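Bound state: beta-lactamase + aztreonam (open form).
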Amino acid sequence: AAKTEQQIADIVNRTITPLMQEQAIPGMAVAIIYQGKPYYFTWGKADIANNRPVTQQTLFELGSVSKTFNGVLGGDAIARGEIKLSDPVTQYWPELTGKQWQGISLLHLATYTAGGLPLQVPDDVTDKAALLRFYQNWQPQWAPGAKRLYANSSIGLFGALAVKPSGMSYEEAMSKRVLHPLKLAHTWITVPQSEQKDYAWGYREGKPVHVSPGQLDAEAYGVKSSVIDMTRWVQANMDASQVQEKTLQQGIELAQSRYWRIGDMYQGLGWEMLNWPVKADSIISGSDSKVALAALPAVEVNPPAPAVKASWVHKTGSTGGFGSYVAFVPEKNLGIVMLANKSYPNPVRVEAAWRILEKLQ
Ligand SMILES: *C(=O)[C@@H](NC(=O)/C(=N\OC(C)(C)C(=O)O)c1csc(N)n1)[C@H](C)NS(=O)(=O)O
């Protein structure tokens, strides 16, 4: 039976109540899409100290959910015939000399299968003069297409390279090409002076903290957004037909296309999918630092496989003071946006995201 807001309210309240409680979270913003209808919930505060609560306009740092944007942005550019996954990395950054790079294409970067590019850029690399040196001296652990090693410095470099052709900086392309078309008027990279009053404080050992500047920050973990906006983003990704821009639409279709298989999990652009129906255990345990962050053997699906409605699309993200999670089942038109201003364990988030959902399918 078609759940009623109050039965929906029951599940969500039932689940999140105790989470915040035991994970010691200050404020939370969660959204459920139940039969493609948005239902919003918000608990606690955005600012402990200045006693301001979690609003449906409150801005949360998305950490690595930022990557979904990067991947769709790259997909739009692909559709426009501006870039090609197969394109040599050199093509976009000729200055970047050194034979370690010759067989490394845009797919490698996008999908973290270049040869073990690190999870983060040595923050002693705080300028672009230094980002090239870094990449100039990098030493691959494995030949391309061998292992899969989640990394900011990988996809981060894709984002930055993928907008080269267009002549816009990343922030500008992002805005113009994805954010404006979708009407994400509350989704920022550089939060205006005007919006600072809606920008939550992330908590870390009781300290209020905002994500610091960082080479490739924007492209891998620097997008700020609100649960209203996150829900529209999920809605658009969960079904692209609604998208009027031809290129942005295809782009979304591209980022949810399957490029590699890493045992039961498939890799798109930013987005990671699983065949549905899915084993709670697979995704609750595959989300663990120990699997998620490990170098694993990947099976090249090339030509890529096409976005199928019976998949479990999703993406996790963290930042000092922030924990974020997004999941959606295209086929069932269900989704969930969980935004918290305190970083907590991944599989916690993911198991919570499952309890609810499970209850609504
Ligand atoms: C994305 O959320 C991403 N996070 C990072 O790369 C950073 N921190 O996360 C861990 C816990 C791994 C870290 O200490 O580095 C990060 C970037 S800016 C900031 N304040 N933290 C990770 C690696 N992927 S996720 O989707 O599994 O969280």
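We number chain A the same way the PDB entry does; the residues here are 1-361, in that order. Reckoned from all heavy atoms, side chains included, excluding hydrogens, waters and symmetry mates. We count ligands from 1, going down the list as the structure has it; atoms in each ligand are counted the same way.
- In this structure, every copy of aztreonam (open form) sits at ligand 1.
- Under a 4.0 Å non-hydrogen cut-off, the residues that form the binding site of aztreonam (open form) are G63, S64, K67, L119, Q120, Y150, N152, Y221, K315, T316, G317, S318, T319, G320, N346.
- Near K315, with a cut-off below 4.0 Å to any heavy atom, the atoms of aztreonam (open form) are 26 (O).
- For atom 2 (O) of aztreonam (open form), the closest non-hydrogen atom of the protein is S64 OG, 2.2 Å.
- The PDB records the biological source of chain A as Citrobacter freundii.
- Ranking protein heavy atoms by distance to atom 27 (O) of aztreonam (open form), first place goes to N346 ND2, 3.5 Å.
- Checking only distances, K67 never comes within under 3.5 Å of aztreonam (open form), N or O to N or O.
- What sits closest to atom 24 (N) of aztreonam (open form) on the protein, heavy atoms only, is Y150 CE2, 3.1 Å.
- Covalent bonding of aztreonam (open form) in this entry: to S64 OG.
- Taking atom 6 (O) of aztreonam (open form) as the reference point, the nearest protein heavy-atom neighbour is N152 ND2, 2.4 Å.
- For atom 14 (O) of aztreonam (open form), no protein heavy-atom neighbour is found at a distance under 4.0 Å.
- The single protein non-hydrogen atom nearest to atom 20 (N) of aztreonam (open form) is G320 N, 3.1 Å, given as residue, atom name and distance.
- Counting protein heavy atoms only, atom 8 (N) of aztreonam (open form) is closest to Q120 NE2, 4.2 Å.
- Heavy-atom contacts of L119 reach the following atoms of aztreonam (open form): 23 (C) (cutoff under 4.0 Å).
- Remark: minimum distance from atom 21 (N) of aztreonam (open form) to any protein heavy atom is reached at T319 CA, 3.8 Å.
- Of all protein heavy atoms, the one lying nearest to atom 9 (O) of aztreonam (open form) is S318 CB, 4.4 Å.
- Under a 4.0 Å criterion applied to the non-hydrogen atoms of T316, aztreonam (open form) contributes the atoms 26 (O), 27 (O).
- Distance remark: protein heavy atom not present below 4.0 angstrom from atom 11 (C) of aztreonam (open form).
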